[PDB]
Amino acid sequence: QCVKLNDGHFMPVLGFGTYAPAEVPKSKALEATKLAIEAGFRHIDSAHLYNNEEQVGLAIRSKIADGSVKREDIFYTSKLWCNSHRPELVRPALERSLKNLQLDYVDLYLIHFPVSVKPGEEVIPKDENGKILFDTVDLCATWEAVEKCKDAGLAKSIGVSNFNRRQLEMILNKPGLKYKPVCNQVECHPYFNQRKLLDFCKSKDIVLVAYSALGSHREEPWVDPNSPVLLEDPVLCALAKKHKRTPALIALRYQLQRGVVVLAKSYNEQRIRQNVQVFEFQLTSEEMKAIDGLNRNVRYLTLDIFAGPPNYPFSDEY
Ligand SMILES: NC(=O)c1ccc[n+]([C@@H]2O[C@H](COP(=O)([O-])OP(=O)(O)OC[C@H]3O[C@@H](n4cnc5c(N)ncnc54)[C@H](OP(=O)(O)O)[C@@H]3O)[C@@H](O)[C@H]2O)c1
Ligand SMILES: COc1ccc(Cl)cc1C(=O)NCCc1ccc(S(=O)(=O)NC(=O)NC2CCCCC2)cc1
């Protein structure tokens with residue numbers, strides 16, 4: 001189930017998505033993650049932003065106490081939110097995520113999003129006129145404090161999320177660079193297959209990590225509800241009939257076959273169990289290219305509110 005990272009560590013190819021909109025009680029974060037560990041997920045993806053590291057952490061700690069796993073067997077990811085991009089604030093944010101988790105280390109720590117916001121207790125601080133209180137932080141600086149987190153052994157591996165190509169290049173080109181990003185976690189599914197970005201990532205030994213791989217939570221205002229529903233796709237449905245699987249499984253399996261590490265969120269016990277069956281069938285080259293034909297360039301997570309500053313990552317082609 002694993003891919004070797006460029007820092008020598010191993011990342012399982014299928015990960016469990018822990019985000020659910022806040023209308024869903026956080027108690028389900030805990031139940032769901034235990035079920036995911038139980039169903040066989042070994043890679044668990046969260047963030048400070050998701051406001052669930054207490055529950056996800058307990059979940060993980062719970063499955064260790066009952067003997068179902070040891071900590072060595074779990075790959076846990078957290079992410080540095082945008083109000084702690086200032087170097088001095090990077091270590092304390094990771095430490096805060098760990099105290100909440102009640103874990104000594106994270107397996108992977110990402111720069112969640114490349115646009116910095118004003119420090120403070122507000123998640124997305126805005127003025128009363130209109131806009132987000134953007135901050136001026138050198139990402140190359142932010143990264144260096146992220147590397148210090150690897151040196152301190154708080155994070156076993158480090159990487160980025162929602163970086164475009166120039167931003168990845170930027171880190172690669174940085175004088176003094178200690179560690180490459182192990183990964184770039186981005187939106188990827190058959191309506192936005194990220195081919196160019198995926199190729200660039202492979203040409204530089206960076207794991208692309210597909211999120212919203214099942215077509216997103218569709219939570220407003222983060223997703224246009226007029227957007228097409230990925231899992232209703234006729235071809236994904238056909239391939240599912242043909243393989244006696246589901247459109248979800250087709251869509252997950254697509255990513256495994258093109259060397260993409262794939263996340264799937266589910267709080268449903270059935271669909272949690274179903275999702276691990278990505279390791280029990282496979283697609284033909286002809287099928288896989290059928291799925292390449294589904295490319296719509298429909299980006300579910302535009303993150304428009306962050307547009308404006310130069311580091312808004314989706315202005316560039318890729
Ligand atoms: N910037 C970032 O780094 C970023 C951005 C977005 C997401 N993420 C990460 O990616 C994870 C997942 O992304 P996401 O939640 O946006 O979308 P997603 O996992 O692609 O889509 C999940 C949706 O599909 C449903 N589902 C799951 N399994 C299914 C199946 N077998 N059949 C039918 N439906 C199924 C889920 O519902 P049920 O729960 O009802 O089953 C949920 O509504 C998040 O938890 C987070 O960890 C990261
Ligand atoms: C302004 O809001 C808040 C104010 C107060 C509190 Cl108490 C919580 C929030 C909050 O939590 N609001 C974000 C809600 C949210 C979380 C996860 C997802 S997600 O798409 O599943 N995962 C991601 O990382 N999404 C993106 C990536 C980076 C840019 C923005 C988040 C989608 C949306």
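By convention here, the first residue in the shown sequence is residue 1. Indexing begins at 1, ligand by ligand and atom by atom, following the structure's order. Keep in mind that the numbers below use all heavy atoms, side chains included, and drop hydrogens, waters and symmetry copies.
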- At ligand 2 in this PDB structure, which drug or drug candidate is present? glibenclamide
- Message: I'd love to know the main binding partner of glibenclamide in this entry - how is it named in UniProt?
- Response: Aldo-keto reductase family 1 member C1
- Which shown ligands and ions, other than glibenclamide, have any atom nearer than 4.0 Å to that drug? ligand 1 (NADP nicotinamide-adenine-dinucleotide phosphate)
- Report, in ascending order of atom number, the atoms of glibenclamide lying under 4.0 Å from any heavy atom of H112. 23 (C), 24 (O), 27 (C), 28 (C)
- When you look for heavy atoms under 4.0 Å from glibenclamide, do you find them on the side chain of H217, its backbone, both, or neither? side chain
- Item | Nearest neighbour in protein (non-hydrogen) for atom 1 (C) of glibenclamide | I124 CD1, 3.5 Å
- Which residues, listed by UniProt as substrate-binding in chain A, lie less than 4.0 Å from glibenclamide by heavy-atom distance? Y19, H112, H217, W222
- Closest active-site residue (UniProt) of chain A to glibenclamide, heavy-atom, 1 Å: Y50, 3 Å
- Which atoms of glibenclamide have any heavy atom of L303 under 4.0 Å away? 29 (C), 30 (C)
- Give the residue, atom name and distance (to 0.1 Å) of the protein heavy atom nearest atom 7 (Cl) of glibenclamide. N51 ND2, 4.4 Å
- Message: Give me the nearest non-hydrogen protein atom to atom 11 (O) of glibenclamide as residue plus atom name, then the distance to 0.1 Å.
- Response: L49 O, 3.5 Å
- UniProt NADP(+) site of chain A, residues within 4.0 Å of glibenclamide by heavy atom: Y19, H217
- Query: How does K79 reach glibenclamide, by side chain, by backbone, by both or by neither, if only non-hydrogen atoms under 4.0 Å count?
  - Reply: neither
- Task: Measure the distance from atom 13 (C) of glibenclamide to every protein heavy atom, then report the residue, atom name and distance (to 0.1 Å) of the closest one.
- Result: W222 CZ2, 3.7 Å
- Nearest neighbour in protein (non-hydrogen) for atom 9 (C) of glibenclamide: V123 CG1, 4.3 Å
- Report the part of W81 (side chain from C-beta onward, or backbone N, CA, C, O) that has a heavy atom under 4.0 Å from glibenclamide; answer both or neither where that applies. side chain
- Query: Side chain or backbone of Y50 under 4.0 Å from glibenclamide, or both, or neither, by non-hydrogen atoms?
  - Reply: side chain
- Item | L301 and glibenclamide - part of the residue with a heavy-atom distance under 4.0 Å | side chain
- Query: Who's closest to atom 18 (C) of glibenclamide heavy-atom-wise, of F306, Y19, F113?
  - Reply: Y19
- Query: Which neighbouring residues and nucleotides define the binding site of glibenclamide at 4.0 Å (non-hydrogen atoms)?
  - Reply: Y19, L49, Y50, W81, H112, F113, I124, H217, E219, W222, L301, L303, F306
